[PDB]
Undergrad: 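Flurbiprofen + Prostaglandin G/H synthase 1, experimental structure. Questions below.
The chains carry the letters A, B, and so on, in the order of their sequence lines. Residue numbering for chain A follows the PDB entry, covering 32-584 in order. Here the PDB entry sets the residue numbers for chain B, with the shown residues being 32-584 in order. Note that ligands are numbered from 1 as they come in the structure, with each ligand's atoms numbered from 1 the same way.
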Amino acid sequence: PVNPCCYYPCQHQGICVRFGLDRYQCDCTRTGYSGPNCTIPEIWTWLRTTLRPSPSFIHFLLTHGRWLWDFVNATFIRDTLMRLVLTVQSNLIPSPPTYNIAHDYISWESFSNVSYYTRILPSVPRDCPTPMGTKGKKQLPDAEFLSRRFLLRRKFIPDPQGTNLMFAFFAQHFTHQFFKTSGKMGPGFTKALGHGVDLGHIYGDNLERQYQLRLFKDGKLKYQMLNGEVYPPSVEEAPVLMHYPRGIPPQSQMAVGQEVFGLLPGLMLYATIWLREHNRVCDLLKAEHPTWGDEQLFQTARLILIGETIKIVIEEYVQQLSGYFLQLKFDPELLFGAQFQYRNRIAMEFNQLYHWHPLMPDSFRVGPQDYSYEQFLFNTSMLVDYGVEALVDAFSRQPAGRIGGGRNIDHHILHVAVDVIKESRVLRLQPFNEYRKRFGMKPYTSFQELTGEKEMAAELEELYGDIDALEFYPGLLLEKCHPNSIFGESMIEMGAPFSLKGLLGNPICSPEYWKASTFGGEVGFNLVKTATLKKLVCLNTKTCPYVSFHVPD
Amino acid sequence: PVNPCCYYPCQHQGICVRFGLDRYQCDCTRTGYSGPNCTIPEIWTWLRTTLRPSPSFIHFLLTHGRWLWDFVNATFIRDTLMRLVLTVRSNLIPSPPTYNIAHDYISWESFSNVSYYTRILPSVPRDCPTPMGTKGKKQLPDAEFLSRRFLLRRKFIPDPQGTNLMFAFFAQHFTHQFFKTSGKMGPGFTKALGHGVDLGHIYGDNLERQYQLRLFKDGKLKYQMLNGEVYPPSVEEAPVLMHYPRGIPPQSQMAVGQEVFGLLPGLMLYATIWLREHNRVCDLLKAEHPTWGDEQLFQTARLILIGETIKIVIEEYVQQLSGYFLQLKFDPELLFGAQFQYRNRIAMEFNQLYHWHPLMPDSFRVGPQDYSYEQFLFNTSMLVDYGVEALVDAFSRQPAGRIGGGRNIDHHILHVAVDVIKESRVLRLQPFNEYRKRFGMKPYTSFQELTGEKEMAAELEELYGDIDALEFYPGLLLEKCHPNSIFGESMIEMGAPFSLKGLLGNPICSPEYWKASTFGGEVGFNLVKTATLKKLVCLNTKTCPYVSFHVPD
Ligand SMILES: *[C@@H]1O[C@H](CO)[C@@H](O[C@H]2O[C@H](CO)[C@@H](O[C@@H]3O[C@H](CO[C@H]4O[C@H](CO[C@H]5O[C@H](CO)[C@@H](O)[C@H](O)[C@@H]5O)[C@@H](O)[C@H](O)[C@@H]4O)[C@@H](O)[C@H](O)[C@@H]3O)[C@H](O)[C@H]2NC(C)=O)[C@H](O)[C@H]1NC(C)=O
Ligand code: HEM
Ligand code: HEM
Ligand SMILES: *[C@@H]1O[C@H](CO)[C@@H](O[C@@H]2O[C@H](CO)[C@@H](O[C@@H]3O[C@H](CO)[C@@H](O)[C@H](O)[C@@H]3O)[C@H](O)[C@H]2NC(C)=O)[C@H](O)[C@H]1NC(C)=O
Ligand SMILES: *[C@@H]1O[C@H](CO)[C@@H](O[C@@H]2O[C@H](CO)[C@@H](O[C@H]3O[C@H](CO)[C@@H](O)[C@H](O)[C@@H]3O)[C@H](O)[C@H]2NC(C)=O)[C@H](O)[C@H]1NC(C)=O
Ligand SMILES: *[C@@H]1O[C@H](CO)[C@@H](O[C@H]2O[C@H](CO)[C@@H](O[C@@H]3O[C@H](CO)[C@@H](O)[C@H](O)[C@@H]3O)[C@H](O)[C@H]2NC(C)=O)[C@H](O)[C@H]1NC(C)=O
Ligand SMILES: *[C@@H]1O[C@H](CO)[C@@H](O[C@H]2O[C@H](CO)[C@@H](O)[C@H](O)[C@H]2NC(C)=O)[C@H](O)[C@H]1NC(C)=O
Ligand SMILES: *[C@H]1O[C@H](CO)[C@@H](O[C@H]2O[C@H](CO)[C@@H](O)[C@H](O)[C@H]2NC(C)=O)[C@H](O)[C@H]1NC(C)=O
Ligand SMILES: CCCCCCCCO[C@@H]1O[C@H](CO)[C@@H](O)[C@H](O)[C@H]1O
Ligand SMILES: C[C@@H](C(=O)O)c1ccc(-c2ccccc2)c(F)c1
């Protein structure tokens, strides 16, 4: 007998469990539903269903009515709605976490072993008719072909939301502290054990590495002086493992928290800024705590920089992304009255989803110069050649690509998307339409409805055979965007739950940690509260360039 | 100049922070207090403090007036009070955890590094004039001498509550899954990384070990047949590091989850019982799920066993210990309405407080046989010679020692108590009275008020010089016991918050985990719900012996 759970016979987050030889049952516990498949709603659930407006209608509300939102943001409604957005979206994410690559069920190993990525939906059972369940063709489409025909950039489609390369490199930097898939252990495993905003891309994902990067005086990180500017130290002074092209001299190899950050100037840019911010914070702490040792200075600066990161990510980063007329607000005290777990486990789906390579351009315009991919990648002098000011100015001015829509990944890095789709088959990620339901959306009935056009849809229909078969990452990047937006509804409705849970689930946001003393007092606490991208750069530079998550005007 | 925080200025959980050269500031955030030392009470706090009766008064109501309690236990008031017990107790424990031996302040490293025990009060600063802060003598009293005079048994004092050796051994077994101090790392460090009821004393503290214990058939653990009965395998078959006396060969030594269980038959007794249960559960689980592989069977059996452990501990173990007339109840649903973090970190103070060596008798009686310590300690054949039935009957009939009150540790194991005090001093654990205040009690104003007598108190006053210099462990053990109880006011009021947070803070108690599917359905769920000490033994033995946490009549 075939595995019944492969029909995904249970709705609204019921758990399919195999009983006997050919039977299944569903645990509808606290899903709001009753019956064999969990399809009969309870009186409260039912009432909330008819009164629930569609995610599209709410997206419209958040992106329209300039007059209403000016009023809202200047009142308490701002706090009310922020609380609402925080609790409602985060709660889609389980906590404690549930499944992983090895276990499609709750276990003590899945709870304790942090080297695993987690998952929101279990893998597609191995003992089933099609690789995506029961629907679709015997074999899935070629990963290279799907990229070439649907994801490969022809002409450059800029972001209509005005997103720049200062954002793209921030996104890439930031996300790589909690996305470190391991090569040795394989797919579904991770090296970044903080599982969130620990800043291990600055300090290191292990103690040994951290100790090697630290000056062990004044709580500071090691640094070097090139042309009068403070840069991260050479590998000769901080002998940590760094991935540089073999043959490159060690004196030109810079050492930072994250191994891959030397391969791109944009990465090594932010690495410098944050390092330069860390030591600056030590200078402020030491002035008010002359008696504090090196360890106290270091550990307190880290917490201040963890706070600063989340403040900028929520109020500036997600702001630019969402395009919302709601002024987003970082205030942990909002959740102090609700049931919220201050813990987080990074999920493979969020890893898959955060592959935002369409942000990368055709070239890299720095002042009058234009730089090719072969001049930008691996170049180790560019950062020290131009300086922070000049590179931040150049990245804040150049537009970034539109993520959704399709055909917008520059040929140089298309291979990544190919491997993403490949990896999304070793992990046996459920089909896109199943995730639609998990994150509270209606499944698509056609490829037409998915893309909003006719041409590119009809070809996908022939390849996949069924919309119920469409894969996760292709689904996200081919779906029609919201009008004049950066990506589709699915990226928002699925991304944000993961995103917000990570930010607010950080221990520093808890009632226990969100105190003045935690950050060395009012001075440190205000540094978190008033943090800003512009301030992160311009307080650490000689001059102040144009710095923003969006192109001028 | 003298460190201001040595005086412990900040009352009611306010945090002392050094500013400038000789100044300090208190962070009264969310303590309920205002002002420089956190002594000015807010409107609600004042109301709370005047209306709140003394701990001793509550202990009176809970331990008296049986007629009222018969009524209470058969009504919803049982659930109401239990919730109050759960929420008010656990609240006294920081979550996420605060400090460790390295940091007397909040740091990311303290949060991330699960190798550390946590702590509730910071250490006594090294620059303080006296070892305990500001009060007492330049040198503390000799640790060996303190044990001899005040902790060493003369005549045997049985626990007035009727507590038996079945309890005493359960305690030692149960606790040694989350008390595993690292000799190679030093005090303040731990090997038990599950930090609670993970059953890592049955399955081992690491994966490679767990794997060696497992049959890898039907989710079962390895075992061997002896005399027709089920016993843990030899090291020869399951090669794991076991701490046995030098000269005892691998075939002679048994393999279990905790490395030290071979040293005592009572400890190895429970290793057998819990192993039989695990394999017994797997048999039930396979009948319900024939299509299940080995891994899922093992992982589910682990959760059911964790379930049963928490059920028994709360409803029988804590019951006998507390001696309350309130029928204590295990139901995670009680907490589904309040703010509760399903996370736990073991504290060095919980470690220190659980050294319940007074429980151990002058000698061990097994029917008509009287075994001395030298016959009992490291016996390899006693378990197999007698069997489970016979030794459950034996330990259940023999009285255990009264824990508090003083002079009740057998000379054989008095060296343990010595080392606890010496370790405390390395750990730089705050005075006993400082811990009184932190667990909502008033400090003792004299040694007479502590002990409830004249002689022992006078000698202690001479040794310590002041009551505010009295140490944690000696304090807990020399305090006047509640009338007819096992220990005093402090062991309950300091032990309970750690204990209940450890049980209910287990992720299986979370609304995400607490459902039938987690335990393979209803059969597994009911095993947890109806779990019992008597059943744990008697369902795994040929005959039922006397089984209880108290002696007969
Ligand atoms: C949780 O936390 C615990 C406690 O911190 C931690 O314990 C262990 O880890 C730390 C760090 O590994 C150990 O600390 C010791 O640190 C001293 C450092 O002094 C030296 O510093 C300079 C660097 O030394 C050299 O490093 C390498 C290797 O040789 C090389 O590049 C150079 O040669 C370089 O000079 C140097 O000036 C000089 O050598 C100094 O002596 C080390 O000397 C020592 O060897 C340790 O590494 C602790 O000892 C560890 N144990 C304990 C009980 O504290 C855990 O690791 C952590 N757990 C997790 C999961 O993170
Ligand atoms: C020109 C710049 C970029 C280059 C050269 C690049 C290249 C790569 C490469 C080579 C991989 C690993 C592929 C593999 O072996 O599996 C990768 C993965 C990834 N990319 Fe990029 N990419 C770029 C930009 C971005 C941006 C802007 C983002 C947005 C945040 C992003 C997000 C990710 C993520 C989250 C991973 C997976 C990380 C992990 O699991 O270890 N990338 N990219
Ligand atoms: C005759 C039986 C017992 C023996 C032989 C024994 C022996 C020991 C020894 C040798 C240590 C290590 C301390 C040191 O040497 O520094 C220890 C610690 C300890 N004991 Fe016992 N003990 C016994 C009974 C008990 C009981 C009944 C309890 C009650 C629960 C208990 C609780 C503990 C705890 C919690 C520790 C610290 C564990 C750790 O730090 O890893 N012991 N004991
Ligand atoms: C290992 O622990 C075992 C516990 O069984 C010890 O062996 C047992 O020792 C007792 C005496 O202490 C033996 O009792 C003897 O037989 C009868 C009772 O059956 C009794 O009336 C006699 O007076 C006599 O002492 C008991 O039979 C014996 N069991 C076996 C199988 O030999 C042993 O002494 C312990 N090891 C150490 C180092 O003490
Ligand atoms: C490392 O980053 C460098 C940028 O900071 C870059 O070197 C720069 O390359 C440009 C373009 O080739 C040079 O400009 C040259 O070409 C123009 C004509 O297009 C001439 O008018 C100029 O006089 C000049 O010869 C820059 O001079 C050069 N910058 C510096 C400071 O030397 C590298 O491309 C990056 N590294 C690699 C290996 O590609
Ligand atoms: C978190 O989970 C990881 C995967 O379960 C685990 O990695 C390791 O898991 C096992 C056990 O150590 C190893 O599996 C094999 O065991 C067989 C025994 O027959 C050997 O034939 C084989 O050589 C291998 O050792 C894996 O090697 C190993 N890695 C992977 C990717 O599976 C982690 O240890 C665990 N982390 C913690 C902290 O427990
Ligand atoms: C619960 O779901 C199952 C499986 O999806 C339903 O069982 C049927 O589903 C098909 C479409 O309705 C039928 O054609 C099949 O006879 C049967 N298939 C399987 C695999 O069981 C079932 O009807 C659902 N029940 C309810 C009440 O909605
Ligand atoms: C609370 O803080 C300090 C510390 O307990 C209190 O004691 C200070 O002042 C007292 C004189 O009025 C003396 O007891 C001590 O000399 C002094 N202690 C120190 C360490 O300087 C003080 O009374 C309280 N402060 C306030 C503002 O009420
Ligand atoms: C009728 C008896 C009511 C008992 C139920 C209330 C349980 C409160 O338990 C209370 O915990 C507090 C915090 O740890 C302590 O300070 C109190 O002394 C303790 O009794
Ligand atoms: C019933 C409950 C309470 O809060 O009173 C309670 C909870 C825990 C303990 C307890 C105390 C010390 C070690 C282990 C358990 C205890 F003695 C009493």
Undergrad: Can you help me spot every copy of flurbiprofen here?
TA: ligand 10
Undergrad: Can you tell me which other chains reach within 4.0 Å of flurbiprofen? Heavy atoms only, strictly under.
TA: B
Undergrad: If you restrict chain B to its UniProt heme b-binding residues, which of them have any heavy atom nearer than 4.0 Å to flurbiprofen?
TA: none
Undergrad: Can you help me out: which of the UniProt transmembrane segments of chain B, N terminus first, have a heavy atom less than 4.0 Å from flurbiprofen?
TA: 4
Undergrad: Looking at flurbiprofen, are there other ligands or ions closer than 4.0 Å?
TA: none
Undergrad: Hey, which of the UniProt active-site residues in chain B is closest to flurbiprofen? Heavy-atom distance to 1 Å would be great too.
TA: B:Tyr385, 3 Å
Undergrad: Hey, which residues are hanging around flurbiprofen within 4.0 Å, heavy atoms only?
TA: B:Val116, B:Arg120, B:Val349, B:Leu352, B:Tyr355, B:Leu359, B:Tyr385, B:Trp387, B:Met522, B:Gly526, B:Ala527, B:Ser530, B:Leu531
